[PDB]
Amino acid sequence: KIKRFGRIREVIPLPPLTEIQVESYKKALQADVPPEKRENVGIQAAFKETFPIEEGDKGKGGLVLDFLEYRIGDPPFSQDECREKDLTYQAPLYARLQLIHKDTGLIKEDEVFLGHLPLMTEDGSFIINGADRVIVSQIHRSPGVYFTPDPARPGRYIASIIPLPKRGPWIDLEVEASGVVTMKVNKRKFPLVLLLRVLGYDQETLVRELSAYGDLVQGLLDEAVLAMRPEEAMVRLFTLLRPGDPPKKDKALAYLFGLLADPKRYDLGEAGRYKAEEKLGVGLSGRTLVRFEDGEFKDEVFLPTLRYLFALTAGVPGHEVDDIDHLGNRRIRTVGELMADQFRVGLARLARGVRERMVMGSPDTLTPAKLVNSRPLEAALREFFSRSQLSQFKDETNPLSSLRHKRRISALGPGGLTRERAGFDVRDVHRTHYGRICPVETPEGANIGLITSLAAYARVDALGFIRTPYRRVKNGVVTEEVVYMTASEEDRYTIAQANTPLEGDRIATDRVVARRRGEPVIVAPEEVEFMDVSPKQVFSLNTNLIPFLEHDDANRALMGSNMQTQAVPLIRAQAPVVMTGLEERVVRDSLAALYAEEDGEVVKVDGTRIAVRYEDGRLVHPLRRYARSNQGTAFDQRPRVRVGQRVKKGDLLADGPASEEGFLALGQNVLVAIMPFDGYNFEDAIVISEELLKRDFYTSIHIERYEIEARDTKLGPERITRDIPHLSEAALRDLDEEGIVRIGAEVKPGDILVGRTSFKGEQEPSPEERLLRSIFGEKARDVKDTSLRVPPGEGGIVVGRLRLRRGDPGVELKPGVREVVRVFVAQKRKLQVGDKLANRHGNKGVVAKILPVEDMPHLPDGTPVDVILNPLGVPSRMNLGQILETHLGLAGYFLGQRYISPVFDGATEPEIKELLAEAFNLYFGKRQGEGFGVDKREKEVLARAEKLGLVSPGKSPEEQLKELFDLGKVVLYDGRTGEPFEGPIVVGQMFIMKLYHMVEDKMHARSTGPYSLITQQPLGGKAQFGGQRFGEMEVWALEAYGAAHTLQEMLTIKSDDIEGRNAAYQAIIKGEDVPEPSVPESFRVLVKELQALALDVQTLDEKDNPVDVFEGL
Amino acid sequence: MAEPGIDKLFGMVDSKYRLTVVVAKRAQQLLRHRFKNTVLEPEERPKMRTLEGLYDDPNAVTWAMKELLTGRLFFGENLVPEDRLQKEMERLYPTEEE
Amino acid sequence: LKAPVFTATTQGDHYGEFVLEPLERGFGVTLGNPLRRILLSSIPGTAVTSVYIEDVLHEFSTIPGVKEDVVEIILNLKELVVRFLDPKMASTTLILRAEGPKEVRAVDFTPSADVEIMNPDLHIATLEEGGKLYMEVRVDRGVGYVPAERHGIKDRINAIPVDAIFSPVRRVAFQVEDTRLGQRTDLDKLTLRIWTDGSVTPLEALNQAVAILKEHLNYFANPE
Amino acid sequence: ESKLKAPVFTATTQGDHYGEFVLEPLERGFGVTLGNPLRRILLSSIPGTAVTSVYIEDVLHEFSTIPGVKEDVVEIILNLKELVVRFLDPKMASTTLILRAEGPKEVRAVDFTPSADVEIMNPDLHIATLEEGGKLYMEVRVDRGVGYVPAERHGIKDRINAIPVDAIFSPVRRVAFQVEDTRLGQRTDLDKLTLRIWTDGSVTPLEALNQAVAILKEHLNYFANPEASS
Ligand SMILES: CO[C@H]1/C=C/O[C@@]2(C)Oc3c(C)c(O)c4c(O)c(c(/C=N/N5CCN(C)CC5)c(O)c4c3C2=O)NC(=O)/C(C)=C\C=C\[C@H](C)[C@H](O)[C@@H](C)[C@@H](O)[C@@H](C)[C@H](OC(C)=O)[C@@H]1C
């Protein structure tokens, strides 16, 4: 019983969502295609790109070496086998080269063993060194040229972007006050007529033939001295490039910055010609400037823009087009692209090495595999993958999360001029980009805009670049839009009339303005490409997950959009009552759950593996059980069906960590009743009814991991033993079998999680001791009890252990580090006082109290409510639709129904009312069933609600109930007082998820414990644990106050002042006396720290000449 | 509401920090060493409440604020010798335990 | 007047609307609630205290050959309601062995002594192709709600102690209708129902209840 | 070491009223379970003695003013309401009260026809002031009641001319109670009832409570012998 609400849906959200990646790497890692086809980008590009290593003297003798195929292949171990042994799931990539000569010879070392390449799991990410990571896609200005208004003072400039940050120079031509036209390639500033001269243009042939309608020229001529002779020119320019190299005429170097598609080419033809040609005059060719034609250089783009500049400086073509942020200039470097360039980088070093060898060595002693030293593609490539800031940890608290992590567009990346946390033009940028093909309400905090998500239906098709959404054009198809799409306007979804949508007023979007209704009403070829396949496309994948966004105010809606992520799989996930269609997917493209293959059948046996789907061959399916999450969430997989076929409205076949059977179920939906509660729901705190716990509802499991490394220090090998000195207490083997704790070994804080022994020789015991030792058989010792022990964290049953030691296979371990024990501990975490409950509409609040079913608002029939979500502020303050759900709540409680009310499409107040008309003729239908009806209380109420003009007076009591039910909710007693709550109190089944916080993890408490021997303030220890911070703000607080003593205490008797400190842990342990300081441990060390620099800090008393007696001990 | 009549104390002293200071040293010489410097022992002594009944509270400042709202005590440049200010404490059994 | 009509439409171990009659305009709840209160709270019951399974170290497991999952298994048993047929038993320990294919629904427990698996069916474990389950699962007599505090020692090894939910009362409400002749349409018509129960009977809940409230009421005896 | 299964009931016996009481350790969920019904019942069900119908020779209804009398019907009317009578032997359904008014002097609730078996608990009580026109004659009625009752009982008595006042019979006249948590028993979430019965409509506080404690007790009984259906 699932009631849908809606309209149209011409296509699909576009699988697999994890397509930004996945289908990205592959098309970059072309590999999987017979070495005959596939031509550019990534893998091969970088290959072909990296020009065949030339050598000494431009083709004078032997040694050329060209590249042929590439071979990814025979992978090392195996996923899981990696994460286990900390192996970076890679694969051998060798490449077939063949150096040429000039004395007969064409050697070809097959394969030529080479660097390793990390593969992308089916999931769409990589395992690096054991842990899971995802390559977040950044955005920069799409290669080209756009000019832009000179920020200084009115007077535009010219910027010339390059293919990708790490490739080609980012030039800028600026018309200035003092100087006139500066060409600033990389780090330089040289007159612009200078390069022009070389290129050819110059006095008269240049100006008075280029620049006329807008002077600005007398200055472009001042150094005509430069514009008097090319060649000598390159040299003056060359001589303008540090350091003092040979002014000798070269052409080389400038054999780049234009010449050879080697360090300056947006190749193919796309993204560069199209740009300028449709910005500048028109016409061009692959790369700026063109040399090696025959001596001189035939430039393409340089003066025409200088031209198009002045035209923008008093002319008409104007267009101050800047980093216009128009996603017609916002490139999106997919992983493969990011991973590509890094592969480019590697070769930008492989070669250096080869060129180096080509020389030294002898022509015949030289052959591939020898000039090649497969070290650069490693490092330069492994360094990127797991050492970038764009190569993050896997967010995996709830299945949606990790999914979302790929659908993410980053911007705080490494790219060139890539807005740093506060890069030049932070704010302003953030702003919603009218180009709505990227989430409109996803950002977080203090990091606004920069980190956006991605439109659901966004991007797909021959991808040169930028997101492009979907748009109808009269049933046709969808024509993958194009950010700089003008297609005579688009008409916002709705007005549907089967196929002709008779409107008269088509609410449509054209360019920017929400222009009324162009009304092209062309029916066929829909007003250009008007219409939008569903509204979802104006939104991000996890926002969609809001059954009533339409009402939810954008802003607050983001506190749900985001927050939702911070979920955390529970034991009884349950999809959400009201829910928007998408859920049937987000947890299926997440590959978090198991998907049957061809047809049906089964066999199984049940448990730790759905045993095959008996159609054709056979494949027992292992079910990732009580694993472990990056966030320590603990995602697992439940199964389904004994003997069946392929599907039933879903070929699920075993759930996952949050699917209510293929239905993303982040949290559990329960019954709430709005209304303050004697103060337990203040500000935003929620009130739980113990019941929840009793029925193990919001309970969540978490399995932590611990780690002790057995070093080797020059005092005696650090070893994991069960014979820990004097620890003898029946603890060791009371658990810890043969060294490490056992499984199921329930653990408390303090136990010997894992124990090992160091040698550390602090002192040599003189006799007397060895004597007593000998005498009182005090067998000497050479070992410390350095164990592992479970920290202040309550501990919990020991879910599993793992052991890794060198000598073992793949295992690569920190020099010296011999063996590295690992132990996972589980923790069923029910629900406590603290924790954020936060739902979908962003009603994030922390739990305050959990009342006994005793108290708590009694519904009439006696059922208790579940959560007492406060109204105050909350909705009014935040204005949202967390209500339309609570209303369609009971109207889905008694009617036993789940509901599909998608974003901006259906589930209308009146329909809900109908759905509320029903459920009553039963909810109340029961009273006149069990044999009851309206009691002296509901009489009191109604006769007060109607007074509050809430109910239609004149109707009967009973009639007033249905009235007061298709909105609020029946009287609603108070099991605590026995009486009622004058004035109805709306009730319903919201749906509150439970975020990753849950108190426990927060809250420590120090009194003394561990003192640090490096700094000297409270912290780092082993026994108990604590430490707290006193960041200046609190200092002012005290200053502003007057707790001088209370202050000097937090910089003395409580941290560094060893004397005073002790005076504290003693003056108390003693009794009737409190901490008596005097000389501050700090003042005493300021003088004897300045004296080191040979400064006398004579301390003087009142009379100036009573000269202190400090440190006089 | 607050303490044993703060407003009352803030009246006596002039500089709000005075009272703070006097009440401080006070308790810090009261049950800080001795215990027999009370002025509330006639029948107006601070007592608590737990399982077996009352029991004056170890909180020294407590008495002070109450022993100060009383009548005894003084403060200024009086008693001069801080030395003989505690030396006289010898004339009447002090010391603690270790 | 001076006397009510303690009507009592009973049932078969559950339900149990219990009507008083012409109650003075007001007492409908003076009595009507405290009972429902008590009924829900304090009152003896029977709850699963601890459970040991064949080849299972501790919770967070996965018995080969069974569909379910020990947690689930324990999440289900958490609902088993046993009757005791006697009064001397701090508790007993149920048993259960199950072969190859089938469902270990509640019933399947060891038919034994003063113990009524009041709630058969109660899907306990859809095991199959690998009949393997032997379980020893305690069942103490408790009161109220007592979680992972009351250790499930017993089998001192893999007890994997389970949460306890003792109250046999499964829900309670009470109409205060007005439909009597007594003296001037005023009076309340109390009528609590002490709905569903674990093992015990509403008339017993309703009774035991009136007891505690009378027992406490007393306390306002001798003042100091 | 003190609390267990035997809470300490602590009174305050302010005397004629304000019976601040304090039974203590109670399992979370009884400071309510008890405090309320008592408080509830306290405000109601409890024998009384409240003027309920008045007659003052001369002007009919209540909306008036009798010359040579500083007050006006209502003021007197209301005064009367604060009158505290008490009856001697059991067989006194209600003996009326009549009055004698003199010159300027005050008409305390004492002047009342000093009838035995019915002594006005409260001597003073303004009642009304009269001067150079010492008329004011009244023969007010009194009654035995349960709680509180408006102008619906009708002041029969003196047939016509009654301006029947409201039936405020219940010695208790305000009942509050807050159950804070205390942790004598180690556990820190135990209940601490505490009541405070303001009564003076005649009967003492502790009396009210106990009496009501009985009132509830007895009713509980009812849940004894049943007549069910299968
Ligand atoms: C190697 O990557 C690093 C580069 C740093 O350098 C630097 C300058 O470049 C960054 C880039 C390129 C980002 O894209 C980024 C980011 O996307 C993000 C946060 C931080 N956001 N959180 C602040 C705290 N709050 C409670 C939640 C939101 C960031 O600070 C950064 C960030 C940087 O600081 N997040 C979000 O947008 C949101 C909304 C959610 C993300 C989910 C979880 C939280 C993450 O997955 C966690 C688990 C980790 O991935 C990070 C710690 C990465 O560290 C590692 C080792 O993995 C870090 C990105």
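Letters A, B, ... mirror the listed sequences (proteins, then strands); counts begin at 1. Any value given below was found using the heavy atoms of this structure, including those in side chains, with hydrogens, waters and symmetry copies removed. Header lists the method as X-ray crystallography, 3.3 Å. Order of appearance sets the numbers: ligands from 1, and atoms from 1 within every ligand.
- The compound at ligand 1 is the drug or drug candidate rifampicin.
- In this entry, more contacts with rifampicin come from one chain than from any other, and the PDB entry calls that chain DNA-directed RNA polymerase.
- At a heavy-atom cut-off of 4.0 Å, the other chains in contact with rifampicin are listed as A.
- The organism reported in the entry as the source of chain A is Thermus aquaticus.
- The site surrounding rifampicin, defined by heavy atoms under 4.0 Å, contains A:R133, A:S388, A:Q389, A:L390, A:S391, A:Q392, A:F393, A:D395, A:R404, A:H405, A:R408, A:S410, A:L412, A:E444, A:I451.
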